[PDB]
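Within every chain, numbering begins at 1; the chains are lettered A, B, ... in the order of the sequence lines, protein sequences first and strands thereafter. We count ligands from 1, going down the list as the structure has it; atoms in each ligand are counted the same way.
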Amino acid sequence: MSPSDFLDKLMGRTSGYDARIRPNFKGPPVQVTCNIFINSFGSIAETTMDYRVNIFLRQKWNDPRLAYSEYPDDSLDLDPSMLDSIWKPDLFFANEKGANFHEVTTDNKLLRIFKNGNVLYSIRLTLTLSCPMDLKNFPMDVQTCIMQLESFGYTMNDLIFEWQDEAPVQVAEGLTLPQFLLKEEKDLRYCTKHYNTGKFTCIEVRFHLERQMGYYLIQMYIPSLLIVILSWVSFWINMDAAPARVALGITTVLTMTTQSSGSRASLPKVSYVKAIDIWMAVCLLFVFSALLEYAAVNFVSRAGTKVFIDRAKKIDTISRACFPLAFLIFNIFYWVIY
Amino acid sequence: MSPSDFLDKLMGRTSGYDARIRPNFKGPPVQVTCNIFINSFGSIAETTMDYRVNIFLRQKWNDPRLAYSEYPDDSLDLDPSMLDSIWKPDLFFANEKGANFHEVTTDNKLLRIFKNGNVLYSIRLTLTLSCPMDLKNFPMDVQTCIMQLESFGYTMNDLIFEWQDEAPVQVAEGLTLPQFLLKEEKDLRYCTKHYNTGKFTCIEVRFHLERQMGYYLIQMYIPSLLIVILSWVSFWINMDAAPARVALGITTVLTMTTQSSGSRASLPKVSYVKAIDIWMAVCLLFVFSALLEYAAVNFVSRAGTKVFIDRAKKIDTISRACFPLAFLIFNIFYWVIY
Amino acid sequence: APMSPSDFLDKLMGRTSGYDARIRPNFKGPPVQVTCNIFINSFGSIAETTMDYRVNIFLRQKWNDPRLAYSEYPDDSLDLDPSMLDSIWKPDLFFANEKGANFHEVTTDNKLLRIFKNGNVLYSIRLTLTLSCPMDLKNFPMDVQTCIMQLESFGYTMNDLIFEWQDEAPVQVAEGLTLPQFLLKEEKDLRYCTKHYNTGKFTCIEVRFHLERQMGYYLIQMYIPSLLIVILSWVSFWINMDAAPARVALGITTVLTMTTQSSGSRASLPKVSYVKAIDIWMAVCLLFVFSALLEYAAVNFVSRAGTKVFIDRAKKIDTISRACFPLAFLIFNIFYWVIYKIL
Amino acid sequence: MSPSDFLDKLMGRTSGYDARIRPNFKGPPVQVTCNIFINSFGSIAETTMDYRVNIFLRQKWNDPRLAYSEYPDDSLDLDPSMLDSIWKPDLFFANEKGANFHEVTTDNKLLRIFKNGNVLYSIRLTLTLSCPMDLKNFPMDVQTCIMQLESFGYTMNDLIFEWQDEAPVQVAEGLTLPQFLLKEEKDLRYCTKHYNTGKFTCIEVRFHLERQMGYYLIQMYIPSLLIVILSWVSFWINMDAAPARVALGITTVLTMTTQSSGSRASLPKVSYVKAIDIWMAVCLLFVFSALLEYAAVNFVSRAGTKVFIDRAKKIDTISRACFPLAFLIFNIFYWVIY
Amino acid sequence: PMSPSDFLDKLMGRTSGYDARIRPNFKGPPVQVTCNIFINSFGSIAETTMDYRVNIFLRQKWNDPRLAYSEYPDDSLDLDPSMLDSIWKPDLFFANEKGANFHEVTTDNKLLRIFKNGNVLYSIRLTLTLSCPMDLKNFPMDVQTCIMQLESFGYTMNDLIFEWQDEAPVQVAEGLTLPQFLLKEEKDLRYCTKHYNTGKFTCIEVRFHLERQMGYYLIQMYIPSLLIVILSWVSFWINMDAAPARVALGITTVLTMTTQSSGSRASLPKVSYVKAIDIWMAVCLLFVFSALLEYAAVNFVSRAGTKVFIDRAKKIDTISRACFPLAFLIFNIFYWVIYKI
Ligand SMILES: CC[C@H](C)[C@H]1O[C@]2(CC[C@@H]1C)C[C@@H]1C[C@@H](C/C=C(\C)[C@@H](O[C@H]3C[C@H](OC)[C@@H](O[C@H]4C[C@H](OC)[C@@H](O)[C@H](C)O4)[C@H](C)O3)[C@@H](C)/C=C/C=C3\CO[C@@H]4[C@H](O)C(C)=C[C@@H](C(=O)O1)[C@]34O)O2
Ligand SMILES: CC[C@H](C)[C@H]1O[C@]2(CC[C@@H]1C)C[C@@H]1C[C@@H](C/C=C(\C)[C@@H](O[C@H]3C[C@H](OC)[C@@H](O[C@H]4C[C@H](OC)[C@@H](O)[C@H](C)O4)[C@H](C)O3)[C@@H](C)/C=C/C=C3\CO[C@@H]4[C@H](O)C(C)=C[C@@H](C(=O)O1)[C@]34O)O2
Ligand SMILES: CC[C@H](C)[C@H]1O[C@]2(CC[C@@H]1C)C[C@@H]1C[C@@H](C/C=C(\C)[C@@H](O[C@H]3C[C@H](OC)[C@@H](O[C@H]4C[C@H](OC)[C@@H](O)[C@H](C)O4)[C@H](C)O3)[C@@H](C)/C=C/C=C3\CO[C@@H]4[C@H](O)C(C)=C[C@@H](C(=O)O1)[C@]34O)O2
Ligand SMILES: C[C@H]1[C@H]2C(=O)N(C)c3ccncc3[C@H]2CN1S(=O)(=O)c1ccc2c(c1)OCO2
Ligand SMILES: C[C@H]1[C@H]2C(=O)N(C)c3ccncc3[C@H]2CN1S(=O)(=O)c1ccc2c(c1)OCO2
Ligand SMILES: C[C@H]1[C@H]2C(=O)N(C)c3ccncc3[C@H]2CN1S(=O)(=O)c1ccc2c(c1)OCO2
Ligand SMILES: C[C@H]1[C@H]2C(=O)N(C)c3ccncc3[C@H]2CN1S(=O)(=O)c1ccc2c(c1)OCO2
Ligand SMILES: C[C@H]1[C@H]2C(=O)N(C)c3ccncc3[C@H]2CN1S(=O)(=O)c1ccc2c(c1)OCO2
Ligand SMILES: [Zn+2]
Ligand SMILES: [Zn+2]
Ligand SMILES: [Zn+2]
Ligand SMILES: [Zn+2]
Ligand SMILES: [Zn+2]
């Protein structure tokens with residue numbers, strides 16, 4: 001039989017096939033089996049609180065109307081134009097902010113049918129998915145971003161999604177993220193939805209994203225360490241040089257504040273204390289205490305008498321040991337806790 | 001009866017149904033009943049003065065042409081392709097800046113008809129809606145953002161919208177906003193429009209958004225408290241150290257101004273006094289007064305005589321008590337008022 | 001019984017009608033007189049940098065098509081399904097100064113079709129337009145702009161099609177519509193922009209909106225903080241002439257604050273090559289702040305030798321400065337504000 | 001003859017016209033004559049290295065199939081829907097980054113045919129065109145931005161573009177650019193392309209854009225003149241006041257560097273020396289030399305003896321004359337050269 | 001001769017019986033497609049988003065015996081692109097494409113040409129944004145390798161095979177330049193043959209090599225950092241008694257050096273490895289910070305105003321005037337030799 005006539009008899013004019021009717025429409029729900037290949041993964045934004053993926057979405061279900069005997073071939077690879085002629089699930093991504101198909105240079109779609117009427121339908125999609133983030137431990141945080149595959153119009157009695165048994169989520173070889181590490185273990189689960197329009201099938205996959213710490217050592221933690229260490233050189237400067245020691249004190253405090261708000265600029269305006277806030281707060285405390293230290297040194301030595309000059313000198317010599325020692329103790333606590 | 005023939009007889013070729021004609025077109029207006037499920041709520045922008053939602057819009061109306069007896073089923077879940085074949089309301093969002101449908105992986109639409117000809121039509125939409133904001137109490141403000149559902153072509157004598165009686169506005173479980181708290185109570189009302197083209201049905205829903213205060217304590221109010229407290233250390237510095245005390249005075253004023261304009265950068269250019277303006281103004285007054293305080297101290301002590309040196313010293317000792325005390329009193333007033 | 005709607009639409013503009021939408025009303029006769037009016041649903045995004053603004057409007061067009069006249073119903077008008085707009089002739093109005101334009105299609109096409117007994121048509125369509133508005137920033141931020149909107153025919157010359165603003169209420173504005181930076185003046189000017197191209201002479205009607213910039217924002221974020229830096233600069237005059245590092249510190253940091261203030265405000269504007277009002281203010285403020293530093297340089301220099309005659313001469317420069325600097329700055333403010341907030 | 005029948009006989013059902021076949025397809029190439037009206041011209045970006053225009057593109061060619069005698073009218077203005085029914089050139093813009101048609105409120109198109117079969121086809125287009133820029137003389141530069149009209153599928157033996165003889169490029173009355181002056185003289189030329197697919201017609205127009213200098217006097221050259229003049233006040237300050245004279249020297253150098261990199265922020269990251277780089281370099285040299293001048297003054301006067309104090313004083317008095325004099329000479333050279 | 005309208009009708013139209021849902025030789029071996037690209041433009045090379053943009057003409061060549069003709073003596077026929085919808089064509093897609101679009105102004109930017117023997121030439125104009133993962137370890141003396149993968153979506157290796165053309169598979173428009181990079185003449189061609197759970201799919205790849213131009217960074221990064229280091233040294237010629245002056249210099253050079261450093265990091269992605277620019281900024285900041293510590297030492301050892309201690313402090317300064325520049329010069333030798341040799 002010629003292919004043109006076969007397609008005509010199976011799903012075309014002479015077929016009497018109606019794509020508005022599901023497989024076994026008087027019978028049990030259509031069991032769809034999903035799996036995704038993750039071609040790319042990125043644009044993980046804290047501010048907009050979302051991420052982007054390019055995937056191949058594979059769906060599998062049985063349509064006894066598409067079973068064939070005319071060829072001995074176990075499967076037939078069909079032209080994607082025939083997808084419009086057949087019934088297919090109405091899967092949508094429940095937490096999708098933006099989604100699109102790919103049409104260059106032709107529709108990036110795949111249709112394959114088997115002897116027994118099974119269908120394989122793969123379609124390429126770019127999705128932007130919402131991923132609410134918990135920034136309490138930033139930048140030592142780990143996020144959990146999800147992806148929900150749901151039916152819009154079919155209730156649980158007509159259509160049921162299920163992750164494939166073997167390898168439901170594949171990831172492209174050598175795929176990396178610059179800011180995160182994508183953990184090998186993906187959690188699969190059900191998000192079965194109950195709306196006032198009914199009960200709807202929904203399956204979910206959770207990716208775990210561990211933020212890479214290296215960037216923050218170099219661009220956040222070390223340069224704050226500078227400003228704190230810089231603040232301490234005041235303690236080796238002559239107590240008579242007020243303009244010099246105040247200059248150091250101010251400029252370290254101010255550098256430390258612009259450092260602090262510089263890092264807050266890349267994040268959303270959450271109303272809870274993050275780990276980076278604690279660090280910047282304590283660093284700023286140490287830098288501010290050092291200025292108060294000189295204010296004390298300057299003030300106790302007003303009268304130029306030896307007894308008072310000696311008392312001021314003791315404040316400096318204690319400071320040279322205690323400030324670094326205390327800051328070292330703080331680092332032990334901070335790093336151990338997280 | 002086969003589904004294909006039933007759809008053909010009800011709204012297809014052999015039906016004689018005309019979707020250009022409303023239900024009961026010679027009779028009273030079509031009573032439509034709306035309800036929304038809010039799948040997401042965010043992108044609340046002060047600068048552009050708008051917000052974004054992803055909703056399922058449900059509409060319900062009766063079309064006696066679609067009543068059926070051929071099946072005992074109380075309702076039939078139909079393929080959304082049939083939405084093109086039936087009449088439906090021309091609801092539009094009157095305050096929408098941008099709107100779009102969702103088409104991945106198929107049109108995110110739902111059609112359900114009942115024995116008596118009732119229709120349920122749910123469609124998924126991303127909307128950007130305008131929300132004019134009153135920033136007088138920012139950042140302790142609370143906004144009221146609306147959403148108007150209106151008919152474009154049908155006047156009140158052909159078509160009438162109405163919110164559902166039970167649960168017209170549902171919100172997705174666990175939906176949060178990072179900057180605001182969305183209040184449980186939504187106001188419903190009428191926006192019935194009168195244009196030169198006629199009188200048009202319009203129903204409205206108001207969401208109340210209370211801005212979360214926590215972010216502003218950490219990134220606005222506390223760091224301004226620093227600069228004010230920092231300004232006071234000048235009062236414990238030796239009056240002879242002019243370059244040190246002027247250095248403190250300048251750099252606190254300038255830090256305070258860049259702090260002030262830093263916060264104004266995230267807002268629209270409104271021409272009224274906001275709460276944040278008052279705070280920054282008073283903080284800047286306290287920081288500026290402290291510099292003037294030294295200018296006074298320096299100036300009254302020009303001649304190096306004890307009577308004048310004593311007078312200058314009194315200005316400092318009074319300042320150490322009064323500046324903080326006055327600033328504390330201001331905080332009591334400011335916080336109590338808002 | 002009366003005629004069914006389906007058959008009436010079929011006989012009027014459908015299969016059996018013989019209507020051709022490629023042919024205008026009275027095509028051998030005089031031009032089609034179209035009557036336009038707009039409802040302004042929103043008005044905003046007034047950008048100086050990109051030099052444009054945005055509106056959401058309902059565009060109403062009215063014209064007579066004797067082919068669409070009917071007697072089959074006693075109704076004075078019939079409200080028709082917008083799908084029928086494709087079946088009828090309609091003007092090819094476009095916005096001549098539009099940078100971006102779009103229709104609205106959620107949840108259906110935001111369109112309106114209404115025909116009357118005598119064949120008159122009312123066609124309303126909802127549009128978001130971004131329109132170009134060349135701006136004269138010479139008096140910024142006390143400026144007032146005039147932004148236009150041109151409705152023009154693309155393909156029909158003046159002998160086939162003519163646009164005209166409605167007589168009664170051609171431009172309506174939504175109740176309670178405000179702009180945050182501007183005041184939209186009640187009076188809109190209507191005019192003709194009749195175009196002559198090498199392809200012919202084309203109808204074009206125009207509406208001008210007047211936008212008065214609100215001054216309040218600039219008092220708080222531009223004029224008052226510059227007043228600070230000038231007043232701050234004066235405290236140097238009460239500081240001891242012996243404290244050079246203190247008085248130079250004040251002088252530098254006020255000049256530098258004043259320059260970053262000045263270029264901070266220029267960041268929100270296009271790169272025009274003419275002097276604006278804000279430039280004059282920042283220039284004079286910077287002059288007063290710079291003169292104060294030069295004042296100390298003079299004080300410091302004349303008092304080099306520590307002798308009373310020279311120390312006294314330097315002290316006189318300071319005491320004169322305490323009066324003259326503020327007095328001169330006050331006089332400047334009188335002149336500046338009188339000039340711009342009069343002419 | 002009724003218009004409906006005339007269009008039917010000329011290019012419709014009964015016409016036998018095939019728009020897949022060019023005019024005189026066995027004969028010589030179709031001679032197309034182009035002209036543009038420039039409705040707007042702007043968005044001239046240095047960073048992205050492109051510009052934007054809104055044009056009416058007019059094309060003229062003869063199609064003997066569309067010649068008519070049925071009406072005495074010299075030309076017929078046709079409904080643009082008929083453009084789909086006729087053959088037309090496949091002109092594209094070879095250096096276009098983005099292009100779009102205008103469809104509000106109807107397609108912004110014009111079709112006019114003449115007795116002899118001539119066609120006038122005008123279409124409105126927004127184009128973003130690439131314009132590689134030579135920034136060597138910025139901001140006294142003058143750019144040359146082009147616009148190439150090319151055939152995609154027709155080789156030189158089937159289709160030939162040519163600029164109109166009389167007034168090929170019109171510009172809207174009163175059209176201005178804020179940063180540039182668009183010169184009256186446009187160059188027209190040929191870009192005839194040779195690809196491995198063949199030889200393709202291409203005509204080009206070059207616009208000359210002279211950058212307006214006024215903005216840069218006020219926001220770049222004058223404020224740099226300030227910092228240089230400010231640097232000189234150090235020379236009238238007492239040599240004993242080191243913290244004051246070093247303060248001036250540092251802050252002028254640093255102001256001068258942030259000024260310099262502030263202006264580089266608006267440009268692409270080209271790897272050649274621009275005119276603005278030379279100016280900022282020399283200004284920074286004069287400001288840096290002034291600091292070195294004090295370092296010298298301070299250093300030669302270490303021992304507080306008259307002979308060395310006098311030698312230091314001479315360095316200052318020479319500096320007061322030579323620094324401005326040298327800077328004036330530099331300005332003469334710099335401005336004369338460009 | 002036969003009219004064009006009838007010829008197109010008999011070849012691929014109503015009366016032809018041609019089915020574009022069926023590939024050439026569908027029971028036979030795979031369709032051999034031969035690709036070549038003309039690069040009309042190349043740019044928008046972004047480090048942050050980690051991608052680049054091209055405007056290309058994509059040419060595909062394959063044989064369709066159904067489209068062979070004898071009715072005309074012409075070796076090839078240039079056909080109207082509307083006929084592309086009527087014929088079978090490969091389903092080539094760009095595997096590493098983030099965004100892609102066709103060009104439709106003023107008509108579809110497409111080309112169809114068929115030959116006597118049924119060969120087809122199909123050229124289509126495309127703007128592509130392609131992902132190019134970057135290794136910034138040597139930034140800004142880095143060289144990137146950006147790829148472009150042409151793949152079949154639906155046809156497995158037994159039905160469809162892509163292959164680069166033998167002669168001149170990748171042409172580049174005359175005078176095409178990039179402002180930040182140099183595009184190297186040699187393009188590598190290779191296979192990316194994909195194995196998915198849906199099957200084995202043809203894929204061919206081209207690699208462009210992009211050498212970052214160094215000139216910009218000398219002027220806007222390396223020289224201005226050289227300033228701050230040289231500026232830091234003037235402290236050594238300032239009087240040791242002038243603490244506020246020498247501390248002022250020390251602070252402001254350190255702080256200028258830190259804002260310089262983080263200014264340059266703003267244009268890059270947030271990678272968690274050490275780049276070459278990080279080492280430079282680190283060492284510059286070390287030299288500027290050491291100079292401040294140098295004065296702290298000078299100030300501290302000279303506390304008691306006695307000659308023996310004043311002399312010791314003075315020696316720290318005189319050694320510093322020679323050693324600081326000398327050491328910084330030695331560092332430059334090492335740094336430049338390592339990265340540029
Ligand atoms: C009194 C403050 C003075 C000025 C002190 O400031 C300094 C040092 C000098 C002064 C002694 C510096 C200051 C931090 C403070 C110490 C503060 C902390 C260690 C933390 O905060 C405290 C107070 C806070 O309650 C306001 C409290 O939150 C609770 C109660 C709240 O209910 C009222 C509730 O909503 C909330 C969710 O849970 C918290 C647990 O604990 C720490 C979280 C503060 C960090 C602050 C900052 C980090 O970057 C910010 C900014 O980028 C900048 C420029 C400077 C920083 C600063 O200014 O930091 C900054 O604002 O020390
Ligand atoms: C008076 C200025 C001098 C320089 C004084 O400045 C300082 C310190 C002491 C100086 C002598 C600092 C200054 C505040 C002033 C005190 C001012 C206020 C408490 C408020 O304002 C006053 C006057 C103002 O109108 C003159 C008036 O508006 C009304 C009437 C108008 O009709 C004429 C009407 O249309 C308008 C809408 O409502 C107002 C109610 O009341 C307060 C609102 C001012 C805030 C100012 C600022 C907040 O951030 C701004 C900016 O980010 C910055 C960099 C510095 C700030 C500053 O510069 O703050 C800043 O610009 O004191
Ligand atoms: C020589 C200037 C010295 C350094 C003086 O500078 C200062 C103080 C110190 C010196 C005494 C500071 C300086 C202004 C000057 C005084 C100058 C003016 C009041 C005006 O300008 C003069 C000369 C000018 O000719 C270039 C001339 O315009 C030409 C070209 C015009 O085409 C556009 C043309 O339309 C016109 C007819 O003709 C003009 C008419 O009149 C005033 C326009 C200058 C404003 C300058 C500034 C405002 O913000 C700018 C910037 O954001 C910044 C950081 C600092 C400002 C500054 O630096 O301001 C700034 O650059 O005083
Ligand atoms: C057969 C379809 C649908 C329908 O159109 N008709 C006429 C009948 C008739 C009798 N019983 C049920 C129906 C419904 C249900 N089925 S369906 O299960 O194949 C179906 C089809 C399409 C659907 C859908 C369900 O959910 C929303 O989209
Ligand atoms: C039946 C329609 C419409 C119409 O086409 N005809 C012929 C008639 C005939 C007699 N009376 C009224 C009409 C109009 C109104 N009705 S309708 O109520 O179904 C209708 C249909 C579509 C509409 C509309 C109203 O306003 C918005 O767009
Ligand atoms: C009737 C149309 C158009 C046409 O097709 N023909 C055949 C004739 C015949 C005789 N005279 C004029 C025409 C032209 C013009 N008329 S029209 O006035 O209805 C018309 C129709 C559409 C138009 C247009 C003019 O200019 C803009 O686009
Ligand atoms: C007549 C057309 C085109 C065609 O479709 N056929 C069938 C034939 C037949 C015989 N000889 C030539 C052709 C070609 C050439 N002509 S055409 O010159 O009008 C033409 C038409 C469309 C074209 C084109 C050339 O190149 C770009 O796209
Ligand atoms: C002829 C097509 C396709 C088909 O529709 N039928 C009916 C048959 C019949 C017998 N054997 C194979 C088929 C398949 C395969 N062929 S095809 O090789 O031309 C083809 C056609 C389209 C394809 C494809 C392969 O890969 C995916 O897209
Ligand atoms: Zn897990
Ligand atoms: Zn309420
Ligand atoms: Zn007026
Ligand atoms: Zn020229
Ligand atoms: Zn190689």
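Out of ivermectin, daraxonrasib, resiniferatoxin, what sits at ligand 1 is ivermectin. Of the chains in this structure, the chief binding partner of ivermectin (ligand 1) is, as UniProt puts it, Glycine receptor subunit alpha-3. Heavy-atom contacts below 4.0 Å between ivermectin (ligand 1) and other chains occur for A, B. Counting heavy atoms within 4.0 Å, the binding site of ivermectin (ligand 1) comprises A/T257, A/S260, A/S261, A/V273, A/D277, A/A281, A/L284, A/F288, B/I218, B/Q219, B/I222, B/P223, B/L225, B/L226, B/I229. The entry attributes the origin of chain B to Homo sapiens.
Of the transmembrane segments UniProt lists for chain B, counted from the N terminus, those with a heavy atom under 4.0 Å from ivermectin (ligand 1) are 1.
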